[PDB]
S.K.: 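Let me give you the structure first, and then I'll get to my questions.
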Amino acid sequence: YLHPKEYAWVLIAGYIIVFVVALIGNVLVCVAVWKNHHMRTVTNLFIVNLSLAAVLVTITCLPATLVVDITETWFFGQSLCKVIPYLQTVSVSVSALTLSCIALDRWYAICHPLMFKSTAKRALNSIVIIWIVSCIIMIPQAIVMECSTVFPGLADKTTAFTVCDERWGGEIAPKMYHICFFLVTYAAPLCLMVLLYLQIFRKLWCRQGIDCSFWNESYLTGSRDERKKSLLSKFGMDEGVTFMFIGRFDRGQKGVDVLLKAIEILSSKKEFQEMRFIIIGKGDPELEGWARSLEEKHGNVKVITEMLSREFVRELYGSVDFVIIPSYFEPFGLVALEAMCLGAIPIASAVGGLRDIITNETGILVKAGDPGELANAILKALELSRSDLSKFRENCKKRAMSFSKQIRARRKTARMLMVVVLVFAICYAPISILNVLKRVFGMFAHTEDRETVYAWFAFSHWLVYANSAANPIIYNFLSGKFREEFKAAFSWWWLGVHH
Ligand SMILES: Cc1ccc(-n2nccn2)c(C(=O)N2CCN(c3nc4cc(Cl)ccc4o3)CC[C@H]2C)c1
Ligand SMILES: [N+]
Ligand SMILES: [N+]
């Protein structure tokens, strides 16, 4: 009789630790969202769902798995031989489908051009769908689980035990079921989340975000008046209200065609004589020739096709009155953040990130396709410029800092969510390969070392339950709001504060 295992001490200890940690942590997640209305976000409603799935399996499956792995015997009868494996797979499905909808919700918010944000009622409905789908697609698992009894002995049996395992009537079905199980609970959702989070990362960290250490007013000297006077002097222009465009020259993207048409519109107006235009860029030679014809015709229009250093551009932002951003399409809007940080108040098409950045007290928005709209906005800016614009310049700087912090907050949430996904991928990797190798490829049949293989399965099961314990710990280290509410919990229980 084989009896005892060398690793039972650590398996029992690790299950006790994970049980306590997973139960308390996931309950506190629920408590944090339920007790604090400011935590009620679609992301956090999904996170609550994850914690409910983890509580479910922590209570109904973890204790059974410990006993089975230690004893290789099923003590809990026929109904629980079906119910517990069913709950386990339903919870895995809930976890991976919840993680998936977390990722899709973030992709629409951050990556989609209209930046969709889901209501809490909509999130709840999604949560209901997740549970219904999961309970339905795991019905086969409940069907296939069976207890078998074994009679060990030579002649007359004197003892017996019952084990709980899958019952297949052919070699094809278990292969197909467990192929699908790997794809539905692990492989497909992971691929979906890696792709979605790669674009999110790419938008949040690399295409969006400004060098807040380079683009600031502190590197500028003297008053804005002194600097504008000297900029126009260096550019051979008279004093006046100064508008700047900087960007590649194209039709349908950066809008220089709209600005140049708008300049033609303005040029027959008496107000045109008070305005100065600085047009910086390169591209379509037909658009370049249009700009150069206008610069030659009009003393108050300057065109720069040469490459400027970043220090030079920063001086421009810190000298001009207004920056004109007549984009058709502008997902990120670095010009607006850069210009606003240096006090230049933006006149921009209401598209994309420009519409996100610019408010009614921090710039002038115009229809992205309309040259007459841009001309009217430039005229309004001239009249604004007849008075002190300092309050407006301060509003721009403050708004740009606030946006930068806002980008930063989205980064912290996204980084935390990617860590959760990574920890899910790791914790479920071992069981997934063992399950595929065993059920699809028929390995471990011949038990030349059944001991090592059984040990690998027991570690892999524990690691699955450890995932339930890890998620609240991740939120504590990577989320300041969860950390504070966790702290509130520990103080209400150990101390009794009730904050
Ligand atoms: C214990 C445990 C935990 C997680 C598992 N997982 N694999 C992939 C994803 N998650 C598995 C596992 O290999 N699964 C999942 C469902 N199954 C299962 N058997 C169980 C036995 C006990 Cl005592 C308790 C729960 C049980 O769930 C039988 C099918 C099989 C494929 C088993
Ligand atoms: N430039
Ligand atoms: N416009």
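In this chain, residues are counted from 1 in sequence order. Numbering of ligands and ligand atoms starts at 1, following listing order. Excluded from the calculations below are hydrogen atoms, water molecules and symmetry mates; all remaining heavy atoms, backbone and side chain alike, are included.
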S.K.: According to the PDB entry, what is the name of the macromolecule sharing the most 4.5 Å contacts with ligand 1?
M.R.: Orexin receptor type 2,GlgA glycogen synthase,Hypocretin receptor-2
S.K.: Which drug does the model show at ligand 1?
M.R.: suvorexant
S.K.: Tell me which other ligands or ions sit closer than 4.0 Å to suvorexant (ligand 1).
M.R.: none
S.K.: Heavy atoms under 4.0 Å from suvorexant (ligand 1): which residues of other chains qualify?
M.R.: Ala64, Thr65, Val68, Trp74, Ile84, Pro85, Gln88, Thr89, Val92, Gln141, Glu166, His178, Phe181, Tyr428, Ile431, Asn435, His461, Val464, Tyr465
